[PDB]
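Each sequence line gets a chain letter, starting at A and going down the list. Per the PDB entry, chain A residues shown: 2-152, 164-208, in order. Here the PDB entry sets the residue numbers for chain B, with the shown residues being 2-152, 164-208 in order. All values below come from the heavy atoms of this structure, side chains included, with hydrogens, waters and symmetry mates left out. In each ligand, atom 1 is the first atom listed, and ligand 1 is the first ligand listed.
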Number of protein chains: 2
Amino acid sequence: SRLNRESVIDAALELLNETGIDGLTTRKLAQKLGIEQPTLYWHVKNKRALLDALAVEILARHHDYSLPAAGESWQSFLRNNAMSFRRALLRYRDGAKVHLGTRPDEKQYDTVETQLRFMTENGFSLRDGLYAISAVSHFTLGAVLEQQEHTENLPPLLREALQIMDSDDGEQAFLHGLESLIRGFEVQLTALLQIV
Amino acid sequence: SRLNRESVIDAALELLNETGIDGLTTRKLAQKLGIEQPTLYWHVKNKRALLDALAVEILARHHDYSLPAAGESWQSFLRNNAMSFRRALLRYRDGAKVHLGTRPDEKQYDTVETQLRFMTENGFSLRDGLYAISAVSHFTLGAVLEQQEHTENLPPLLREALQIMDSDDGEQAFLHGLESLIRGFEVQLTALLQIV
Ligand SMILES: C[NH+](C)c1cc(NC(=O)CNC(C)(C)C)c(O)c2c1C[C@H]1C[C@H]3[C@H]([NH+](C)C)C(O)=C(C(N)=O)C(=O)[C@@]3(O)C(O)=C1C2=O
Ligand SMILES: C[NH+](C)c1cc(NC(=O)CNC(C)(C)C)c(O)c2c1C[C@H]1C[C@H]3[C@H]([NH+](C)C)C(O)=C(C(N)=O)C(=O)[C@@]3(O)C(O)=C1C2=O
Ligand SMILES: [Cl-]
Ligand SMILES: [Cl-]
Ligand SMILES: [Cl-]
Ligand SMILES: [Cl-]
Ligand SMILES: [Cl-]
Ligand SMILES: [Cl-]
Ligand SMILES: [Mg+2]
Ligand SMILES: [Mg+2]
């Protein structure tokens, strides 16, 4: 088959869905493409290069709330940003593991920049704007990993608690924790210089 | 060398430090122990069994703020709990990756139970107590992973922001985000049934 960038990524994503992060090899990406390993090599050097590209390409393709709508509150943006971040990570088996520890690619530099600008304009110190943006990211990743990573006679609450986590996606926990985070930030922002 | 449970774990942890999660194999745990692979097999079946045991054993050994002091506020406990959770994850290379997606072992059942009890007694609905405990966990894991997982000409804020994240551990971001979370929970709790 065709070996341009896009069709390579297509084949990788489809294969990531079949095997998970661990099972994904260059050797298997070749087979899937019906080519020899040395041919693939011209196109992709190794597993690391592939993952970095997938990590970038998954957000580019399916993370569509990178930016705030015209006139959106900062609270609302973060919320939408986080929900869309989450959906994109979950769209692929081990997708969060694929994303873990990637650096903002040159190609989203102006995105991550706009986010920080947007916070600074909303009354955030650059420090605080960055802390809120990281906390959202770290919270969302962490909740997606544990969702995906999961996939002796229980004391009472533990039994019960496990039923409510299983009863849905993990979506309630996530959306509840997200509101906690944003309110916490809000309380901090508005306090300014007061003891809070 | 000696092949009891504790000395096996000792050798695994030391080896996890040498290679990271990916590089850790049974074959190498044998060598390190100066034994043959089939001997090791009697003691440990495979990589999964080893990781589950390490994951449990790292918290047991070095997570010493499992429980609240007598009369501690819930805010204070969560904070201490989270700092101690974090330290324990960071004490080992890829330690957070080792912990990811583990289920509370039978041997900490009464710990995780006490935590939930302790929240319920502090005015939390079982649902809410669980949401706060997960959000803390997910936030802390996520911040530790990205710390550990990290380890084209930058626009201005992005450049600056990256310097402040690098200037320390990631400890400021973490401790700042943690306070946001706890205040957010606090605001929710105290509101009860009011629109909040
Ligand atoms: C805060 N900025 C400067 C930043 C810094 C780091 N990395 C580090 O701090 C790494 N730590 C070092 C400095 C290497 C020791 C970061 O790793 C990140 C980011 C930006 C976030 C932004 C994320 C964002 N959402 C979830 C808040 C988002 O929607 C996008 C996007 N493209 O639309 C992201 O890129 C984002 O999800 C993301 O992954 C970020 C970072 O990776
Ligand atoms: C909330 N409880 C019932 C719970 C549930 C899950 N797992 C899931 O929800 C998995 N999702 C399913 C239900 C399989 C789809 C959980 O995965 C966890 C826990 C408990 C936390 C407690 C953590 C705690 N700190 C960080 C808040 C802690 O200090 C300890 C400890 N031993 O001292 C923990 O065990 C803890 O860190 C931890 O890892 C938890 C869970 O793993
Ligand atoms: Cl074709
Ligand atoms: Cl081609
Ligand atoms: Cl193309
Ligand atoms: Cl000996
Ligand atoms: Cl022995
Ligand atoms: Cl022993
Ligand atoms: Mg990222
Ligand atoms: Mg856990």
Chief binding partner for ligand 2 by contacts (from UniProt): Tetracycline repressor protein class D
Identity of drug at ligand 2, options rocuronium, tigecycline, streptomycin, doxorubicin: tigecycline
Other chains closer than 4.0 Å to tigecycline (ligand 2) by heavy atom: A, B
Within-shell test, A/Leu174 vs tigecycline (ligand 2), heavy atom, strictly < 4.0 Å: yes
Proximity to tigecycline (ligand 2) by part of B/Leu131, non-hydrogen separation under 4.0 Å: side chain
Side chain, backbone, both or neither: B/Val113 near tigecycline (ligand 2), heavy atoms under 4.0 Å: side chain
Minimum non-hydrogen distance to atom 10 (C) of tigecycline (ligand 2), winning option of A/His151, A/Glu150, A/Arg171, B/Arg87: A/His151
Closest to atom 42 (O) of tigecycline (ligand 2) (judged by heavy-atom distance), picking from B/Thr115, A/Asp181, B/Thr103: B/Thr103
Contact partition for B/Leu79 relative to tigecycline (ligand 2), non-hydrogen atoms under 4.0 Å: neither
Tigecycline (ligand 2)-proximal atoms of B/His64, by part, heavy-atom distance under 4.0 Å: side chain
Polar proximity tigecycline (ligand 2) side, B/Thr112 side, N/O cut 3.5 Å exclusive: no
Nearest neighbour of atom 22 (C) of tigecycline (ligand 2) from the list A/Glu147, B/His139, B/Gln116, A/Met177, on a heavy-atom basis: B/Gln116
Deposit source organism: chain B: Escherichia coli
Within-cut-off N or O pair, A/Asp178 and tigecycline (ligand 2), under 3.5 Å: no
UniProt tetracycline binding residues in chain B within less than 4.0 Å of tigecycline (ligand 2), heavy atoms: B/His64, B/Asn82
Under 4.0 Å to a heavy atom of A/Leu170 - the qualifying atoms of tigecycline (ligand 2), by number: 3 (C)
Other ligands/ions under 4.0 Å from tigecycline (ligand 2), by number and name: ligand 10 (magnesium ion)
Region of B/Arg104 engaging tigecycline (ligand 2) - heavy atom pairs below 4.0 Å: neither
Atoms of tigecycline (ligand 2), numbered as shown, that sit under 4.0 Å from any heavy atom of B/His100: 39 (O)
Chain B: UniProt Mg(2+) binders within 4.0 Å of tigecycline (ligand 2) (heavy atoms): B/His100
B/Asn82-tigecycline (ligand 2) polar pair, N/O distance under 3.5 Å: yes
Site residues for tigecycline (ligand 2), heavy atoms < 4.0 Å: A/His151, A/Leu170, A/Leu174, A/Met177, A/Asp178, B/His64, B/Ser67, B/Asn82, B/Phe86, B/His100, B/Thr103, B/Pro105, B/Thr112, B/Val113, B/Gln116, B/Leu131, B/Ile134, B/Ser138
